[PDB]
Asker: 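Before I ask anything, let me first share the structure, which is written out below as structure tokens.
Chain letters run A, B, ... following the sequence lines, proteins first and then strands; every chain starts at 1. Note: hydrogens, waters and symmetry copies are ignored here, and every other heavy atom, side chains too, is used. Counting convention: from 1, in listed order, for ligands and their atoms alike.
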Amino acid sequence: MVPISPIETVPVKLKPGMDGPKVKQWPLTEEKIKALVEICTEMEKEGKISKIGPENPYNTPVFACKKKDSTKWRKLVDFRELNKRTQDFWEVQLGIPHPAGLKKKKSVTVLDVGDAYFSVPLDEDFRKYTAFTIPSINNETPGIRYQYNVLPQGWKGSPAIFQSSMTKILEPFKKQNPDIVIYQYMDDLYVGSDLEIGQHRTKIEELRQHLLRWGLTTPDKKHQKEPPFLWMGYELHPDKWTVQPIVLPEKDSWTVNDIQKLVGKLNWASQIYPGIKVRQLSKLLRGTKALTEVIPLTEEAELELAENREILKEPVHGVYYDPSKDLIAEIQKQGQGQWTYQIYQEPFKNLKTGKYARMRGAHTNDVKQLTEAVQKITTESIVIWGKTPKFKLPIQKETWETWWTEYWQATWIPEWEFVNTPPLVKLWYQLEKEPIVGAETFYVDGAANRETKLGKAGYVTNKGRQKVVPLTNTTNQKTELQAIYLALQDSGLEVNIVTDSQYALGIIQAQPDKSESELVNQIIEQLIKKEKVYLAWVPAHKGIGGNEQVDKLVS
Amino acid sequence: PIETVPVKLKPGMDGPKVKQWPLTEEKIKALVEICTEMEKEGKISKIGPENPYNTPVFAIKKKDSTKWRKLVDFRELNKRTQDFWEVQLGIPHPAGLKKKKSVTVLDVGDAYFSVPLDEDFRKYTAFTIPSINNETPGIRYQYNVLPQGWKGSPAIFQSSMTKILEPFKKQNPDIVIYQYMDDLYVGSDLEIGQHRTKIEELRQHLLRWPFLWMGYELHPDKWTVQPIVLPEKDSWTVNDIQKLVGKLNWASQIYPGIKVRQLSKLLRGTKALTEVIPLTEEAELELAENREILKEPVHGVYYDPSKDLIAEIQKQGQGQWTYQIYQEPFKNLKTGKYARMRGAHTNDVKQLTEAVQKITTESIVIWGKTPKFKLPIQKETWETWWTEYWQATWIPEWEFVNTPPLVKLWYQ
DNA sequence: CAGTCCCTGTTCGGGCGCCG
DNA sequence: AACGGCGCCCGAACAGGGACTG
Ligand SMILES: Cc1cn([C@H]2C=C[C@@H](COP(=O)(O)OP(=O)(O)OP(=O)(O)O)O2)c(=O)[nH]c1=O
Ligand SMILES: [Mg+2]
Ligand SMILES: [Mg+2]
């Protein structure tokens, strides 16, 4: 006979055709034994845990770990086998709140529900599926087995049930206090208002007593009444916010798992520290698949790591969101496919920063990557503030106009303005739209044998110029690119090039300025040196123009 | 007082589990206000995290409308109940709707809120309202009545709809009425004054039983086709003929009688691209014959009601967008071109969005199906902006392609 | 006409950061 | 040695289209 808590229960079922967990316990140290027998006895008197007998043919091992910055221990249940047989839940936590999205509030209070999961009940018909034994001695007393009447920590349904139960309890209080903002993330509650400090504490105590009606306690241990508030890993001040101190390891010998932690903290630091790069550091995590393998730092990875540490020396901070002012996002090119950006409302008062350095596609250009950076910033801004910022981009309006009007794919950038901060983003060459009068016409082609991997590439021109180059360990696609490279090498500043390669033409028409292929990069270098290039395509094996003639040479 | 029509998913398929995407501030504030009223009216109810199903939701404004409309992306739930709105209770498509002079589209989705939904099926209509900056967890609901945007709603309401439209159809035997999703397509050959008058009579016929006041007008008799055309120049260069033979060779996949023998003979040798080549007597004959074949209709091209419709779109530049609707490759049921749409010369995504909506509207009128689109755009570009410009209450399927223009086939 | 290859794209799962 | 959320950068597995070979 246990009392039913005021919180409405959540009906939890299991996957059909499956039963409950039947896993043997794990032999643990005697230190954990004297730290769980006292918990199951206290929770038994408080109605949070009931004792069972032989009528419960289930069992689940448990373990305990020390809480961070607290004398109290934390109890966890290894429900990994129960999660495989429990119904799937749709998570109501859609993201992580960011302090740059917080508005200016006169008074701020951060609460913390004590015994979060241990205050929300479990489904009545589901408590039987949570069986676990607790031996008081490591090899003497068999230990009476208990069960759970609340949410266990470690179960895959505990977070979603708590987050949904907490919302239903706060819904009536928020309806009575519309002007009070309550950021609800797990058990921690961020409460802010524009009321006076005296009147603010009055509503805080009203909320503390409101939650107490459902058995939710807000102890004075984690009650924050004055800045700086530690919320979501940040330091919240009345007019600014900053990330909690980030410590980077400094080892003499670096391994794989050390760089993974190093790059991770730099990603977390790049949200407010402008100009952080992890290109050369992450480049060391390629190929090697041994987390305990020493990797020497390259000169590029060492200079990148040195510049990041100096950025973290000077203390930086972000500001809060003012809906009355516009959102501004400015991007800078950092080179090697690296982009950094700042989002702000007042000049030099950054709400947050960030970086985009994803390299998608074997061939691309700075305009494509700038477009991808804008899209990432847009979605990020819609998550945090619910609107798109006005962009300040290092690309001329004329350059952008030339690109998107002539590109075959739909592409667009929201309302933006040009900012003249080098390096400017530009197109490094422009393919002509019509054939060039007076320019030598090169008919290029390439063929390769599938078996021997041998091939040829060359050209014939209207002036009689001709070349055939034998190639070893190549492909049909490479010889077509090689043929175009030959025509660019052996032509004047203006040249018309005729190819039948849909592959090669498709790459070059997209005006790439960088490539994972050394051959394409050489072609790009030649295209930049030219003054006029016209690429034309004809179908292969049709007796068209000189394409038929060069086809005989390379095949 | 209405027995809930039992609805079952297709055998071997679970409910939809699609993540909600971020919403702008004005859309969240619109959906919160709409869902609060619907919950007060009992149309929807809040649910918990024990419902593992979810469907995206956002809000739109129709053309020239300042009122928000709740739009649910039921595309996943629809194709998981396909044997219902197509096999059990299907709606016949009238072939005469596309022949009418004027066709008005009426939003009748609000009538579906009067019929209850099967209790065992309400769990599949779950959606989640997000919050700005994740201030609060997601606010989950499920539908208690027939939801807008679900293909099962017009199927179940069809029995009720027929009784309502029965007196009007007897009054006007020449008017063709077709129902698709939340819309009602009303076509007639009457004059513009007579047509709009009869549309208002149908509106009053529905009132005696929030977007019924709107009426998007169509004119399928004015819809045009964009055939393949060949350039007509006074002089031809090597480059011109090389492009012509490449275009005709690709066109041979559609018209088998197209020849390029006499035209390829003009390119014998290794000539400069800008060299002017006069057309021989046989080349003029072969080019003139190919122009007539492009006017002839393609053999063995007809609509198969059991096959899906496919729509490809090409960005031609300067506000020009071409498209082809087909079920089998090179068997185009329709080819057209759009020009100077909204967003022309400034926004590719708004134009592409408009083109997709226009093509879908045509496909609903002609065949009663929405095609699956092959969009010439990057996935991330489309998924960032398309909801900003969507003005329809349905959503077609789409995929993303990248085909460089080796030869301008549909627009020289 | 199939069956491959070459090439390039997306998807996903795990590594890390961080929150509770 | 547990659960859920989000972000990044990584690689293996998979899909799809031109193009060549039997
Ligand atoms: C940090 C953490 C948390 N949780 C779950 C459990 C309760 C909520 C909040 O955890 P908590 O605030 O740190 O501890 P809590 O149970 O609330 O008890 P108190 O320390 O607040 O008194 O999230 C978890 O399952 N694993 C974890 O590692
Ligand atoms: Mg707590
Ligand atoms: Mg070739």
Asker: I'm looking at ligand 1, any idea what drug that is?
Answerer: d4T-TP
Asker: Please provide the name that the PDB entry uses for the chief contact partner of d4T-TP.
Answerer: HIV-1 reverse transcriptase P66 subunit
Asker: Going by heavy atoms only, which other chains approach d4T-TP to less than 4.0 Å?
Answerer: A, C, D
Asker: Check each of A:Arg74, A:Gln163, A:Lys75 against atom 28 (O) of d4T-TP and report the one with the nearest heavy atom.
Answerer: A:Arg74
Asker: Considering A:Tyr185, A:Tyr117, A:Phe162 one by one, which has a heavy atom nearer to atom 6 (C) of d4T-TP than any of the others?
Answerer: A:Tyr117
Asker: Does d4T-TP have any atom sitting under 4.0 Å from a heavy atom of A:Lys68?
Answerer: no
Asker: Record the part of A:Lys67 in heavy-atom contact with d4T-TP below 4.0 Å; permitted values are side chain, backbone, both and neither.
Answerer: side chain
Asker: Which of the atoms in d4T-TP, numbered in the order shown and given with their element, are less than 4.0 Å from a heavy-atom of A:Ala116?
Answerer: 7 (C), 8 (C), 16 (O), 17 (O)
Asker: Check for me whether A:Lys221 has a heavy atom closer than 4.0 Å to any atom of d4T-TP.
Answerer: no
Asker: Please determine if A:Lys222 has a nitrogen or oxygen closer than 3.5 Å to a nitrogen or oxygen of d4T-TP.
Answerer: yes
Asker: Would you list any other ligands or ions less than 4.0 Å from d4T-TP for me?
Answerer: ligand 2 (magnesium ion)
Asker: Quick one: does d4T-TP sit under 4.0 Å from the side chain of A:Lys72, the backbone, both or neither, non-hydrogen atoms only?
Answerer: neither
Asker: Give the numbers and elements of all d4T-TP atoms closer than 4.0 Å to a heavy atom of A:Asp112.
Answerer: 12 (O), 21 (O)
Asker: Need the d4T-TP atom indices (1-based, order shown) with element for anything under 4.0 Å from a heavy-atom of A:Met186.
Answerer: 8 (C), 23 (O)
Asker: Using a non-hydrogen cut-off of 4.0 Å, what is the binding site of d4T-TP?
Answerer: A:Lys67, A:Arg74, A:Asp112, A:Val113, A:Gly114, A:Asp115, A:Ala116, A:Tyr117, A:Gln153, A:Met186, A:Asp187, A:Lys222, C:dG20, D:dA2, D:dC3
